There are 2 protein chains.
Amino acid sequence: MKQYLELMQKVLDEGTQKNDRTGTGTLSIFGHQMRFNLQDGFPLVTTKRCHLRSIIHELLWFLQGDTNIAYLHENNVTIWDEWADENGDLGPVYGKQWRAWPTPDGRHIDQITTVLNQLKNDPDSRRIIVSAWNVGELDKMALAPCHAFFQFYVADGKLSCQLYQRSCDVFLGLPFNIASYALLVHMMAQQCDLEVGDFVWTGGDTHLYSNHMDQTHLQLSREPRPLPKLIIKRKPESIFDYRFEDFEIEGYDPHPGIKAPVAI
Amino acid sequence: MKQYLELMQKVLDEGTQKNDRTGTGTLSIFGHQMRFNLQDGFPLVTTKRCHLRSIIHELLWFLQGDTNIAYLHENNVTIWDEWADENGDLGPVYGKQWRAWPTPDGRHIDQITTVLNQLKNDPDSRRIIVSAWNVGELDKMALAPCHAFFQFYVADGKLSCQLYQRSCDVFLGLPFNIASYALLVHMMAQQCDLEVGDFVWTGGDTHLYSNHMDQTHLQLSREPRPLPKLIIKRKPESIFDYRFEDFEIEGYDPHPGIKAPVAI
Ligand SMILES: C#CCN(Cc1ccc2[nH]c(N)nc(=O)c2c1)c1ccc(C(=O)N[C@@H](CCC(=O)O)C(=O)O)cc1
Ligand SMILES: C#CCN(Cc1ccc2[nH]c(N)nc(=O)c2c1)c1ccc(C(=O)N[C@@H](CCC(=O)O)C(=O)O)cc1
Ligand SMILES: *c1cc(=O)[nH]c(=O)n1[C@H]1C[C@H](O)[C@@H](COP(=O)(O)O)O1
Ligand SMILES: *c1cc(=O)[nH]c(=O)n1[C@H]1C[C@H](O)[C@@H](COP(=O)(O)O)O1
């Protein structure tokens, strides 16, 4: 996508060499924002083939409040394997915080349900937020939440959403993060009878790993193809009842995939 | 400031009329980002006179982990009066979450201290964050955190910080929020022996209240004056030992102040 390729180029041009937790090394910039008008098409990277199966199942997995990779394995999705323990657990990551944020007084808060109620009863609220950054449980998490905080907004019958991603692996992670959230917006909009608005992506430490340079140069030589259309065949009873089969991406003709090692 | 006046104009030009919690009405946009190179000067609005006393004391108050307006009254700062209860309490807002985030298991986490340790022992960390959005305690808060989540970044010996502000009152609140955080960055940089980098401000629902239109038009007719210089006279033992007297803003010659009613 145009916005995506411009960001890659921006990092190569303005990125500062920086060491990182994985010991891989990166070219990094801090603070970037881009916007995707969901009405223009589904923001799925076309300059390289993205594995839809992984993207979709990861989101449904988050929505189930699941943090054990079992569900993913049942569906042949292995994207989280390297961080799970012997029992396949990742700790109280995304799913757990979204569906059951533990309070100091023993209660559990379902942020998704709360969000649905706010969208349906108070669309003008400036507090329609979901946060995975649970300070009191970070030490139990296998990997601190990258996409950590998002907010919904409703204007002119359209639903928008802004995601704050503290750390962004531009080559491997970003394509997944963008598509994933664009999907959630469509789902939320469907459940709330709203049109899709904009997906605003805001990043903190946005970087390209040193061992993704050839991949990056290769991808930058490609021309972006028309964005596909997302078709949701059915309207489930709730946001928690979607199935992989309910989604259709029409007209997705990407360039060939590009393999790149993941920094653990 | 140029960035600030451009945002005001942007809201007037692209803002959508929207109702809000206060019943005042606003012109609103969603998703905006601006950057201030702290090396260029202290980002204090010059097109209208800002009350430094309030700004500074509010930050020191946050740092003490205080949430009762008593300290503010002792110092003649009344900016939070309308939301405090009979006993002057505001609930577990900013100060409390920064200094004593309550965990489910009874512990309390000092995020500022944690941040200092990360900056000093692991400056390359992509997880140097402080969050005031405590989902489990929002119901006890007098007003949900506007400036809710910020992240520090270190590159080339310089300290940067990005703030995610979910809701922004462009006329009254923004000047305070920008100056306040720019100050915290200088303080943090001093304590960590780093140069100041950039302050990246990212907003969610960014708006102008309907009853601030005349004020806005008046301010937009003014020319921004050179930014002042922040001088920190002393280097305290810790980030928690600063005093109002330690700060000096050199060359602050603003246009006259503009009164505007606050939406409760
Ligand atoms: C974001 C996110 C979720 N995640 C989780 C996740 C966890 C740790 C991370 N760590 C690093 N260094 N970068 C990441 O983007 C990252 C992502 C992903 C993990 C792996 C792939 C990945 O390797 N994708 C391959 C597809 C391989 C497959 O089909 O299994 C690709 O080529 O895109 C994508 C997303
Ligand atoms: C941000 C923030 C902190 N806060 C707290 C705070 C709480 C609720 C809010 N609610 C609304 N509608 N807008 C706000 O910006 C806002 C800000 C502030 C509160 C008041 C003023 C204010 O009235 N300022 C006057 C100065 C008056 C004085 O000296 O006491 C001004 O003209 O700027 C500024 C900041
Ligand atoms: C984390 C998972 C995700 O959803 N998207 C991402 O891009 N990532 C990336 C960020 C970073 O490269 C690495 C996590 O490392 P760190 O915690 O930031 O040090 O995975
Ligand atoms: C809140 C306090 C602050 O630090 N800065 C701000 O601009 N505000 C504003 C945002 C909004 O106008 C109002 C809070 O209302 P709401 O919770 O967003 O409905 O004060």
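Each chain gets a letter, A, B and so on, in the order the sequences are listed, and its residues count up from 1. Just so you know, ligand 1 is whichever comes first in the structure, and atom 1 is the first atom listed for that ligand. If you check the header, you will see the structure was determined by X-ray crystallography, 1.9 Å.
The PDB lists the drug found at ligand 2 under the name CB3717.
Short version: main partner of CB3717 (ligand 2), named per UniProt, is Thymidylate synthase. Lab note: other chains with heavy atoms under 4.0 Å from CB3717 (ligand 2) -> B.
The PDB lists the organism for chain B as Escherichia coli. Below 4.0 Å from some heavy atom of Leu143(B) lie the following atoms of CB3717 (ligand 2), by number and element: 7 (C), 8 (C). Neither the backbone nor the side chain of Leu174(B) has any atom closer than 4.0 Å to an atom of CB3717 (ligand 2) (non-hydrogen atoms only). Where the criterion is an N or O separation shorter than 3.5 Å, residue side chain and backbone included, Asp169(B) meets it with respect to CB3717 (ligand 2).
Taking distance alone, with nitrogen or oxygen atoms compared against 3.5 Å, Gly173(B) approaches CB3717 (ligand 2) more closely than that limit. Taking 4.0 Å as the cut-off, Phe171(B) does not count as a neighbour of CB3717 (ligand 2) on heavy-atom distance.
The residue of chain B annotated as active site in UniProt and closest to CB3717 (ligand 2), together with its heavy-atom distance to 1 Å, is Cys146(B), 6 Å. Looking at the UniProt dUMP-binding residues of chain B, I find a heavy atom under 4.0 Å from CB3717 (ligand 2) for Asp169(B), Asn177(B), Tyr209(B). Remark: distances from the non-hydrogen atoms of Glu82(B) to CB3717 (ligand 2) are all 4.0 Å or more. The closest protein non-hydrogen atom to atom 28 (C) of CB3717 (ligand 2) is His51(B) ND1, 4.2 Å. At the shortest separation from atom 23 (O) of CB3717 (ligand 2) among protein heavy atoms lies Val262(B) CG2, 3.5 Å. Of the protein's heavy atoms, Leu172(B) CD2, 3.9 Å lies nearest to atom 32 (O) of CB3717 (ligand 2). Closest to atom 3 (C) of CB3717 (ligand 2) among all protein heavy atoms lies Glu58(B) OE2, 3.4 Å. At a 4.0 Å heavy-atom cut-off, CB3717 (ligand 2) touches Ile79(B) through backbone and side chain alike. Residues contacting CB3717 (ligand 2) within 4.0 Å (heavy-atom distance) are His51(B), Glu58(B), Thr78(B), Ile79(B), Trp80(B), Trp83(B), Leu143(B), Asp169(B), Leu172(B), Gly173(B), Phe176(B), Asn177(B), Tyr209(B), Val262(B), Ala263(B).
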